[PDB]
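Each sequence line gets a chain letter, starting at A and going down the list. The numbering of chain A matches the PDB entry: 2-258, in order. All chain B residue numbers match the PDB entry; in order, they span 2-258. Heads up, chain C uses the PDB entry numbers, so what you see runs 2-258. Residue numbering for chain D follows the PDB entry; the residues present correspond to positions 2-258, in that order. Values below: all heavy atoms of this structure, side chains included; hydrogens, waters and symmetry mates excluded. Header entry for method reads X-ray crystallography, 2.2 Å. For ligands, and for the atoms within them, numbers begin at 1 and follow the listed sequence.
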Protein chains: 4
Amino acid sequence: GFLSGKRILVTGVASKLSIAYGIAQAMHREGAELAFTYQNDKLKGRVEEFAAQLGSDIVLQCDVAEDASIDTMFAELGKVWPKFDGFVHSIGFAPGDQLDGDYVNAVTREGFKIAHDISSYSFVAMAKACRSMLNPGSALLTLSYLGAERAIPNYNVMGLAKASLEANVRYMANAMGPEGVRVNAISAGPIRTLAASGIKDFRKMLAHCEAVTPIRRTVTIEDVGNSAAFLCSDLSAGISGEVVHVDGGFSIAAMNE
Amino acid sequence: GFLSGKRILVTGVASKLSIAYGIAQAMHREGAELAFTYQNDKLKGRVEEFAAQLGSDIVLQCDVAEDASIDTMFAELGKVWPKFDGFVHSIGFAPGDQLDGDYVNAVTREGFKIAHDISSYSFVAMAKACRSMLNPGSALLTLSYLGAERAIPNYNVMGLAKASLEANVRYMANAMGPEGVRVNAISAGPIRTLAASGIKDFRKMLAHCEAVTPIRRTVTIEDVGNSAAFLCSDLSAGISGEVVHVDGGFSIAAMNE
Amino acid sequence: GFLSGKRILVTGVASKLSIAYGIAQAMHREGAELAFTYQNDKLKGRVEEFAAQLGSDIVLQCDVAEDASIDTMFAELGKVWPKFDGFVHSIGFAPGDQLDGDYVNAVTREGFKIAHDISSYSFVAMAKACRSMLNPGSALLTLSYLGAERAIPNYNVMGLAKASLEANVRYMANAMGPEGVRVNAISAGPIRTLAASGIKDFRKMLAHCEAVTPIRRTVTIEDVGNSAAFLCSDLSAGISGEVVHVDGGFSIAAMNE
Amino acid sequence: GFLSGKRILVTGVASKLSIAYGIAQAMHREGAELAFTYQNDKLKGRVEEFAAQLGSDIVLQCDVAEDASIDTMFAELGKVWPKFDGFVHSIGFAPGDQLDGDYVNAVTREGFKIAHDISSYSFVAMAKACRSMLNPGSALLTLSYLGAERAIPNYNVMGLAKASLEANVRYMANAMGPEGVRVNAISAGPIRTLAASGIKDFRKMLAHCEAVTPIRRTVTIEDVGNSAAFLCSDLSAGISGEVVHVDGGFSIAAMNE
Ligand SMILES: NC(=O)c1ccc[n+]([C@@H]2O[C@H](COP(=O)([O-])OP(=O)(O)OC[C@H]3O[C@@H](n4cnc5c(N)ncnc54)[C@H](O)[C@@H]3O)[C@@H](O)[C@H]2O)c1
Ligand SMILES: NC(=O)c1ccc[n+]([C@@H]2O[C@H](COP(=O)([O-])OP(=O)(O)OC[C@H]3O[C@@H](n4cnc5c(N)ncnc54)[C@H](O)[C@@H]3O)[C@@H](O)[C@H]2O)c1
Ligand SMILES: NC(=O)c1ccc[n+]([C@@H]2O[C@H](COP(=O)([O-])OP(=O)(O)OC[C@H]3O[C@@H](n4cnc5c(N)ncnc54)[C@H](O)[C@@H]3O)[C@@H](O)[C@H]2O)c1
Ligand SMILES: NC(=O)c1ccc[n+]([C@@H]2O[C@H](COP(=O)([O-])OP(=O)(O)OC[C@H]3O[C@@H](n4cnc5c(N)ncnc54)[C@H](O)[C@@H]3O)[C@@H](O)[C@H]2O)c1
Ligand SMILES: Oc1cc(Cl)ccc1Oc1ccc(Cl)cc1Cl
Ligand SMILES: Oc1cc(Cl)ccc1Oc1ccc(Cl)cc1Cl
Ligand SMILES: Oc1cc(Cl)ccc1Oc1ccc(Cl)cc1Cl
Ligand SMILES: Oc1cc(Cl)ccc1Oc1ccc(Cl)cc1Cl
């Protein structure tokens, strides 16, 4: 495939519904050698199966909430992979209470901090921890959401976190560009996952989205997976600091009433 | 003036170079009744001085780094201003080490945290606290910067914080609109302030914008002042959750070579 | 008023519902000396009436569809206003057939042409003609619409014309800045004007924005009027080549469901 | 390849330097069946060789300046291809005089009209002429430039034309989406071509661009070709109405002084 000869790390695989699973399948199909990470123990088994299925025996625990965890993970990886070609950042979190009802009422200093820390800093934290291991032509990918561009009901603080994320890409793209490291982000529409079961009245969100979307259908972890694969391949050598919207063109329309 | 009868709380005045000083200046001119806060005891005296110059004697202290400091301040304000028409958020901060050299090499979890806390969270924090005190037709206003839109050397983390800031404006604007609260932001061009001091090659940064800026000059606190007075008046009763660029059209140009 | 001593040429007044009528209204209030043009003989009388109401007797004719009509008008203006401080461009047009149904099925080379000519080109056309007549500190201003930023049903071609318009503002702003000419645009929310009449389900379009708009109401010509007066005054001497959205923050929201 | 089983039309092949040549090579390599069009006779031979090299014997004359030419071209094509999967729009023109020196001075009603007609309308004109021939999952691609977003010296009117182009994509994406037709555009940085020899002081443009670009190098017709191939393949089924910047991240940086 067009990913043949690429060693890529994939974070965030929690279920077969995970956007990361979609990205992995695609990259694997496209010839990429993979590695996986799992947040905690309660996902060791699950992630270990997916990896096996994807022909990968590199599965490591790590928690972005802790530097050490990030440092240790890249420590083990360096044993099998002293040098790879980027990783996929499919990480984001926010205390439930924060994602329901009035934003001004919901938001808290703690919640605000946690959301930005995991959903944003986590990205540069990893890059920072593996800067010297990256090969020339390497690529970093991260997932975002329209919430970073507009005020969406209930998304609340995740919105600010995503806005911070998206700027991180521009700041990361500019800094590592000279070394030959591209940094981009995919803005995917709403998908069928576990975390969304987290956001309030998510399911109506979807329905509206698929009725009013140009392509008239919501995006799959497949649509997102392929764009991701391409974005991490040399095929996109010319693109960096970009946030391509993979939401079947939902954000560019208005009043499709 | 078109600000007559209005009661506005101004924050961020640290010196005569302060942007807020320019804002308070214009606002007072257009006839609004002002209130001033000051971060700490080191600043108290001077703010009290400017306060007097502007016919004000309401000079409360407030360190947005603390929720106790914010509640107590608004509790003190309610004593004389049981109700008021908004406030100008002119605060921003990040450890010095953060604004120098490689963004990825310079950034840290702690720095990222503080920048986002003092610079982004504080805005809503202040809103949350005074929500009930705001009259219909009230207007909140904060200051941002291009760093939010594009990767600017040395600006680093502050850029992410501003991105989060600007998202905040939109989320705040959408939540309080129905109650009659407008929220906007002014993305200002650089101005030699005490803060600018900490920023590397700022003096050089100012020089580049000047020659390449459409209006062939950098903006003044007077420029920002007049705009904030407008954005904070009933004259802009149709503008909300907007980020108006007051940088003499620097951002809309390219390769002015 | 903050417009005192200023001499502004206002175009586009067709009725009391006209946005320009709102602009002229506010401008006159803030004390600017006005000049009015009228497209044709069908309109002459009414414009002359409004002109009188606003202490003006300078009512020239101008059909931006012709370069001869533009030169002659400014030639007529120079008679009494050898020098002035800018003009408000409030013109837009496109064959009716263009604003109904499938954009691709509705569009035509001729329609595309006329929309772009009357709506986009005319702005610079008028600038080219009065360039030498503008005092330093002058300000040009045009009206645009969201259609420029996102595909809005039925708006069709006008959207492309507005996109070109907004680009014009930026290119015009960068070219005249050095001479001291500021150029900006107001992207206004819908308002029931004679023109709106031609637009399908506009009445329905207004209803959607109202309920989903942050400030829970659509803007008024008064709203636009106050903003244009500002953008056309020395108060905004730091804003150029900018497109300030005066739509009550409708555009910065999403799924207000 | 990932384009296997796709019939695609490629317009704008004038030289081996042409961006279109780059897109063709890539698509061919990726398994796509191709067709070519040439503006006039003076390019019949050249384009006929490239096509042969690319294993294509479908080469037709056509001129977007004329509907009939567009109608006739799709007439012949329909004989061999009664149904294909999109076409590549690599068309744009503007009278030289328009692309040099002061924009306000340079721009003319004629020049303005011609630029928009060929550089913008040409796109929907073709789509309009081949709507019924397109298969489900088809994709339309068009090339744009940062000039559509910022005021670049000398680009002048091409800027407005590109801005109109980019809106056309959103309006075209929204209208044909429901039929299963994606419409996107690639915003490529400056490249080594014939038309650029057209724009004034183009070569300094480049140099600045490659010195200040994150990836620290200008994009090739290869980088642009691959992104184009991907954009026209099912791999990007989730993306539409998008304008991905293929300029090595130049637009997202600032003051890389
Ligand atoms: N779900 C959607 O519709 C949608 C749309 C756009 C963007 N996104 C974004 O795409 C990414 C993927 O999310 P998803 O929808 O696949 O959800 P998911 O629950 O399947 O994946 C989220 C993952 O984050 C990981 N994670 C959370 N906190 C962590 C921490 N402290 N340390 C280490 N790992 C941690 C979890 O282990 C989990 O695998 C997120 O950034 C999400 O916001 C989702
Ligand atoms: N200076 C420029 O060129 C420029 C350009 C765009 C935006 N801005 C923004 O303008 C705003 C005002 O900054 P300035 O340039 O006037 O500098 P300044 O140094 O005059 O103002 C900074 C202020 O922040 C206050 N502050 C810091 N930490 C605080 C805390 N924890 N609690 C309470 N108050 C605290 C200080 O007391 C001080 O008054 C900032 O938000 C900055 O990002 C400045
Ligand atoms: N109405 C809205 O809700 C809304 C929202 C955003 C922007 N706008 C814009 O506001 C501007 C003013 O329109 P309006 O809503 O006030 O409608 P209107 O019908 O009151 O104004 C249109 C004007 O265009 C003038 N005009 C048309 N063709 C002309 C030509 N060839 N030469 C000279 N003058 C010509 C007419 O004489 C008329 O005064 C337009 O640019 C429109 O796109 C309107
Ligand atoms: N050259 C760059 O650096 C750059 C950067 C961004 C975008 N672009 C754009 O990419 C596209 C490709 O241009 P290029 O750089 O390959 O130049 P080019 O001269 O190689 O290609 C332009 C083509 O337009 C065709 N054309 C012009 N007028 C026509 C008409 N009336 N009818 C039919 N065909 C016509 C010509 O025949 C020619 O093949 C253009 O839209 C250009 O603006 C170029
Ligand atoms: O960002 C998302 C956007 C959408 Cl539409 C759906 C799911 C998303 O993902 C999350 C949402 C909230 C939290 Cl707390 C964590 C994650 Cl991963
Ligand atoms: O945001 C700014 C942008 C510019 Cl051009 C100049 C000064 C700015 O303001 C700051 C920069 C750094 C820190 Cl620590 C604090 C502040 Cl207030
Ligand atoms: O641009 C507009 C946007 C809106 Cl919401 C309402 C009216 C508008 O204005 C026009 C629409 C069509 C034509 Cl033919 C002429 C004009 Cl002035
Ligand atoms: O759009 C372009 C942008 C760049 Cl940087 C280089 C070349 C470009 O292409 C053109 C420029 C002017 C004309 Cl008249 C025609 C074309 Cl095809």
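- Most-contacted chain for ligand 8 in this structure, per UniProt: Enoyl-[acyl-carrier-protein] reductase [NADH] FabI.
- Drug at ligand 8: triclosan.
- Going by heavy atoms, the other chains that come closer than 4.0 Å to triclosan (ligand 8) are D.
- In this structure, the binding site of triclosan (ligand 8) at 4.0 Å (heavy atoms) is formed by D:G93, D:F94, D:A95, D:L100, D:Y146, D:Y156, D:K163, D:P191, D:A196, D:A197, D:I200, D:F203.
- When heavy-atom distances are rounded to 1 Å, the UniProt active-site residue of chain D nearest triclosan (ligand 8) turns out to be D:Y156, 3 Å.
- If you number the atoms of triclosan (ligand 8) from 1 as listed, the ones under 4.0 Å from a heavy atom of D:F94 come out as 14 (Cl).
- Closer than 4.0 Å to atom 6 (C) of triclosan (ligand 8) lies at least one heavy atom of the protein.
- UniProt lists residues of chain D as binding NAD(+); of these, a heavy atom within 4.0 Å of triclosan (ligand 8) is found for D:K163, D:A196.
- Closest to atom 14 (Cl) of triclosan (ligand 8) among all protein heavy atoms lies D:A95 N, 3.1 Å.
- Counting only heavy atoms, triclosan (ligand 8) sits under 4.0 Å from the following UniProt substrate-binding residues in chain D: D:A95.
- Scanning all protein heavy atoms for the shortest distance to atom 11 (C) of triclosan (ligand 8) gives D:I200 CG1, 4.0 Å.
- Set against the non-hydrogen atoms of D:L100, the atoms of triclosan (ligand 8) under 4.0 Å away are 12 (C), 14 (Cl).
- The protein heavy atom nearest to atom 9 (O) of triclosan (ligand 8) is D:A196 CB, 4.0 Å.
- For triclosan (ligand 8), the atoms lying closer than 4.0 Å to a non-hydrogen atom of D:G93 are 15 (C), 16 (C), 17 (Cl).
- Close approach of triclosan (ligand 8) to D:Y146 (heavy-atom distance below 4.0 Å) involves ligand atoms 3 (C), 5 (Cl).
- In terms of polar-atom proximity, defined here as any N/O pair under 3.5 Å, D:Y156 does make such a contact with triclosan (ligand 8).
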List triclosan (ligand 8)'s nitrogen or oxygen atoms that come under 3.5 Å of a protein nitrogen or oxygen, with the partner atom and distance.
from                 : atom 1 : to     : atom 2 : distance (Å)
triclosan (ligand 8) : 1 (O)  : D:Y156 : OH     : 2.6

